[PDB]
> 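Hey, got a structure here with tacrolimus, can you help?
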Amino acid sequence: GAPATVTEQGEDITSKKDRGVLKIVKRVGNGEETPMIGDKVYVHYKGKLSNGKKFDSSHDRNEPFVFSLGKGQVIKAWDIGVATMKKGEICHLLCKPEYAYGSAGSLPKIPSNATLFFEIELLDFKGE
Ligand SMILES: C=CC[C@@H]1/C=C(\C)C[C@H](C)C[C@H](OC)[C@H]2O[C@@](O)(C(=O)C(=O)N3CCCC[C@H]3C(=O)O[C@H](/C(C)=C/[C@@H]3CC[C@@H](O)[C@H](OC)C3)[C@H](C)[C@@H](O)CC1=O)[C@H](C)C[C@@H]2OC
């Protein structure tokens, strides 16, 4: 399924080249521009654990998740991955724990040492 496919066929988008964050573009976005550091970004997402369980979805809340890009307001894999996206893009990201919640996890949804799968849609980005 999709997690296996991004694991086996994804693009390493880390600067270190450590395969910590792998990406597949699933729906091509608009033009060429990507957000810049500090932009307000609006996304929709779904997350799955490596045991198959769906741990979260913003769609189910009928509201996007909004944060300021490149500020550490999200796990590393999201700052890195969202920065690569065009407006209207949908991607899959596979996130090793060093770019996610590490050995601590996140109580209660995320165990220790968890590799995470996300589907992310970049709805919009705005300078403030
Ligand atoms: C504290 C008050 C609650 C506050 C909760 C909200 C605003 C509601 C908001 C929709 C979050 C979700 O609530 C439904 C829920 O989203 C997940 O399910 C999820 O999909 C996820 O992975 N996300 C969310 C989307 C952005 C990426 C990532 C994240 O980076 O999330 C961030 C995260 C957990 C960062 C930790 C913070 C501690 C550091 O030590 C650790 O460092 C490695 C990283 C979120 C946004 C936090 O900044 C803010 C909060 O936590 C988490 C699995 C658990 C999280 O609920 C807790």
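Following the PDB entry, chain A residues are numbered 13-140, in order. In listed order, ligands and their atoms are each counted from 1. Only this structure's heavy atoms are used, side chains among them; waters, hydrogens and symmetry mates stay out.
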> Which partner chain accounts for the most atom contacts with tacrolimus, named as in the PDB entry?
Peptidyl-prolyl cis-trans isomerase FKBP5
> Tell me whether tacrolimus is touched by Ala112 - counting only heavy atoms on the residue side and a distance under 4.0 Å.
yes
> Looking at atom 52 (C) of tacrolimus, would you say a protein heavy atom lies below 4.0 Å from it?
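So atom 52 (C) of tacrolimus has protein heavy-atom neighbours under 4.0 Å.
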> Is tacrolimus under 4.0 Å from a heavy atom in the side chain of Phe79, in the backbone, in both, or in neither?
neither
> Map the residues of chain A touching tacrolimus onto UniProt domains and name the domain holding most of them.
PPIase FKBP-type 1
> Which species is recorded as the source of chain A in this PDB entry?
Homo sapiens
> Any protein heavy atom lying closer than 4.0 Å to atom 33 (C) of tacrolimus?
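Yes, there is a protein heavy atom closer to it than 4.0 Å.
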> Examine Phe67 against tacrolimus and note whether any of their N/O atoms are separated by less than 3.5 Å.
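There is no such contact.
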> Among all protein heavy atoms, pick out the one at the shortest distance from atom 45 (C) of tacrolimus; state its residue, atom name and that distance to 0.1 Å.
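Closest protein heavy atom to atom 45 (C) of tacrolimus: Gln85 O, 4.6 Å.
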> Determine whether any protein heavy atom is located less than 4.0 Å from atom 2 (C) of tacrolimus.
no
> Looking only at heavy atoms of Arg73, does any of them come nearer than 4.0 Å to an atom of tacrolimus?
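It does; at least one heavy atom falls under 4.0 Å.
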> Report the binding site of tacrolimus using a heavy-atom cut-off of 4.0 Å.
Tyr57, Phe67, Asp68, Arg73, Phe77, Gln85, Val86, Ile87, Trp90, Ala112, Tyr113, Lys121, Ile122, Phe130
